**Q** 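Structure of tafamidis bound to Transthyretin - open in front of me now.
Chain IDs: alphabetical, in sequence-line order. Shown for chain A, in order and in the PDB entry numbering: 10-124. By the PDB entry numbering, chain B shows 10-124, in order. Shown for chain C, in order and in the PDB entry numbering: 10-124. In order, the residues displayed for chain D correspond to 10-124 in the PDB entry numbering, which applies throughout. Order of listing sets the numbers, starting from 1, for every ligand and every atom in it. Computation of the quantities below employed the complete heavy-atom set of this structure, encompassing side-chain atoms and omitting hydrogens, waters and symmetry-equivalent molecules.
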Number of protein chains: 4
Amino acid sequence: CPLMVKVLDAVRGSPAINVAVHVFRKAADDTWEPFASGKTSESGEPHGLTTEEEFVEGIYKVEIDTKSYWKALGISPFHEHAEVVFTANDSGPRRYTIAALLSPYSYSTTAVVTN
Amino acid sequence: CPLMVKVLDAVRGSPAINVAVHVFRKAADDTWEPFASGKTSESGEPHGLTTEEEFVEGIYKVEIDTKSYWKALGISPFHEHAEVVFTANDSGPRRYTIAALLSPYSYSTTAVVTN
Amino acid sequence: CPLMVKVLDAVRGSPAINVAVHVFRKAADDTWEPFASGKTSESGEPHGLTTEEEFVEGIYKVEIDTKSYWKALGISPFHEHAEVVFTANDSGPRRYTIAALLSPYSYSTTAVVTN
Amino acid sequence: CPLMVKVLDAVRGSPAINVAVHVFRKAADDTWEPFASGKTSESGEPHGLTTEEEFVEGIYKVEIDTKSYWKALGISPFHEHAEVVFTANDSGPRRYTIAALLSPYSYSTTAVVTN
Ligand SMILES: O=C(O)c1ccc2nc(-c3cc(Cl)cc(Cl)c3)oc2c1
Ligand SMILES: O=C(O)c1ccc2nc(-c3cc(Cl)cc(Cl)c3)oc2c1
């Protein structure tokens, strides 16, 4: 998978399961077009978001529906969602993992980009 | 100030200075309307974003221009910006401090809500 | 204050109040000597840890008692404490702000060094 | 592996490779006894730290030699190392992953505890 998303829960100390993940790509007219989506599994990942042929250079947005996740756990959250906006750049072979660590009033995100 | 933003640089160990901060508020037609903007000072904060009378209930987005910040420092970062989307003043007026900690391939955000 | 500590709670969206902070300084015999201690106030900071004259060059450890904090809130957390070990004043006197953001199964720490 | 350590680099956007990881267990006399150690691989993990028979309940310390890692990259770091101190508790089957995300002036750590 050229693009992987991993969601972790800082309160329970576990992968964040059943979280909706939406991916968008910026079109030529500067609007967000739905690209891929899924629900995280027991591993905190929504497996199989895209393919190497589809995941071309461009500007992408990964939206994680954190509010629904915290509401399901009964914890009052601050954010409506967590969004990660980045440019995908070909510079030799690349694999992107967008990882997010969630708390009710905070989130962290990092990118792990490997050859 | 009912809405404060503090931006920190995890590489240099300093406030992130001269960073552009843009705030939007969601309109009834579900579009994002410009609400306020500023530039961080030597303390990593843009002083005087809004007022008590203007900062009404709503869904707000704070966009911190991290890409321009890292580029000005000679680093090609991963993210286009650090975003923070939240509902404000839904249980009465509060003071919100949005803090962001920046690295070239990661960022964290947290909210401190007082009153 | 040459050494400031700010503790934030990522679950409640507030400063972490009544948290014990212990500071040690490494002695010539490679053992940790007690240096200062305090309790965070309503702003999440223990006011007046040390002075310019006492805060000499050395290797310091700031231990934040996160386990007692979470237990007092009814949470059984993962960590015993949040630690921060650093060399201070090696390139002349500086002001250090050690910030920690806490969750039951995670914590982050950052330093802001000024002067 | 009942105990796994994963180290990520927030500056390069990759696993932190060739990082020394030291694990200690608190003995009955309240001193830190070396338990296991290794160097992170290309995946950011020092594979095979312990076994299920050896990894009993107790207080453990995971020390990550961050300073040597940043010095090898030529970046001035703040911390002498990153330390994670926690209690291992049997409450049905458990597998512990200690993850750390590194920056020169900041580190984050989380625990992912699975059945
Ligand atoms: O020194 C102050 O006044 C001050 C204020 C707000 C602050 N927010 C942080 C913070 C944010 C994140 Cl997302 C992660 C971590 Cl470790 C720290 O540090 C602050 C310090
Ligand atoms: O054990 C694994 O496979 C695995 C993978 C990706 C991971 N990303 C993290 C992580 C992310 C953020 Cl944004 C902050 C922190 Cl403290 C940690 O931990 C991971 C563990």
**Q** Which parts of the structure correspond to tafamidis, copies included?
**A**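 At ligands 1 and 2.
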**Q** Can you list the other chains with a non-hydrogen atom under 4.0 Å from tafamidis (ligand 2)?
**A**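 By heavy-atom distance, the answer is A, D.
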**Q** Are D:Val121 and tafamidis (ligand 2) in contact, using a heavy-atom cut-off of under 4.0 Å?
**A**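 No heavy atom of D:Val121 comes that close to tafamidis (ligand 2).
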**Q** To check your reading of the model: name the closest protein heavy atom to atom 12 (C) of tafamidis (ligand 2), its residue, and the distance in Å.
**A**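 Atom 12 (C) of tafamidis (ligand 2) sits closest to the protein heavy atom A:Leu110 CB, 3.9 Å.
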**Q** Tell me, which protein residue and heavy-atom name are nearest atom 6 (C) of tafamidis (ligand 2), and how many Å apart are they?
**A**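 Nearest neighbour among protein heavy atoms for atom 6 (C) of tafamidis (ligand 2), to 0.1 Å: A:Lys15 CG, 4.2 Å.
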**Q** With atoms numbered from 1 as shown, which atoms in tafamidis (ligand 2) lie under 4.0 angstrom from a non-hydrogen atom of D:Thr106?
**A**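 Here the atoms of tafamidis (ligand 2) in question are 1 (O).
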**Q** I'm curious whether tafamidis (ligand 2) gets near the natural ligand site - which UniProt L-thyroxine-binding residues in chain D have a heavy atom within 4.0 Å of it?
**A**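 In chain D, UniProt binders with a non-hydrogen atom that close: D:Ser117.
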**Q** If the entry models a covalent bond for tafamidis (ligand 2), which residue and atom sit at the far end?
**A**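 In the model, there is no covalent bond from tafamidis (ligand 2).
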**Q** For A:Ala108, take its heavy atoms, then give the atoms of tafamidis (ligand 2) lying under 4.0 Å from any of them.
**A**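 Within the 4.0 Å cut-off of A:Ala108, tafamidis (ligand 2) contributes 8 (N), 13 (Cl).
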**Q** Suppose I only count heavy atoms of D:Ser117 and a 4.0 Å limit; which atoms of tafamidis (ligand 2) are within that range?
**A**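 Every atom of tafamidis (ligand 2) under 4.0 Å from some heavy atom of D:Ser117: 16 (Cl).
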**Q** Just which atoms of tafamidis (ligand 2) are under 4.0 Å from any heavy atom in A:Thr118?
**A**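 Matching atoms, with element in brackets: 13 (Cl).
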**Q** Give the atom numbers and elements of tafamidis (ligand 2) that come within less than 4.0 Å of a heavy atom of D:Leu17.
**A**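 The list of qualifying atoms is 7 (C), 8 (N), 9 (C).
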**Q** Provide the residues lining tafamidis (ligand 2) within 4.0 Å, heavy atoms only.
**A**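 Within 4.0 Å (heavy atoms), the residues are A:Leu17, A:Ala108, A:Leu110, A:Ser117, A:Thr118, A:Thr119, D:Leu17, D:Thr106, D:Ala108, D:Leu110, D:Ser117, D:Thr118, D:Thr119.
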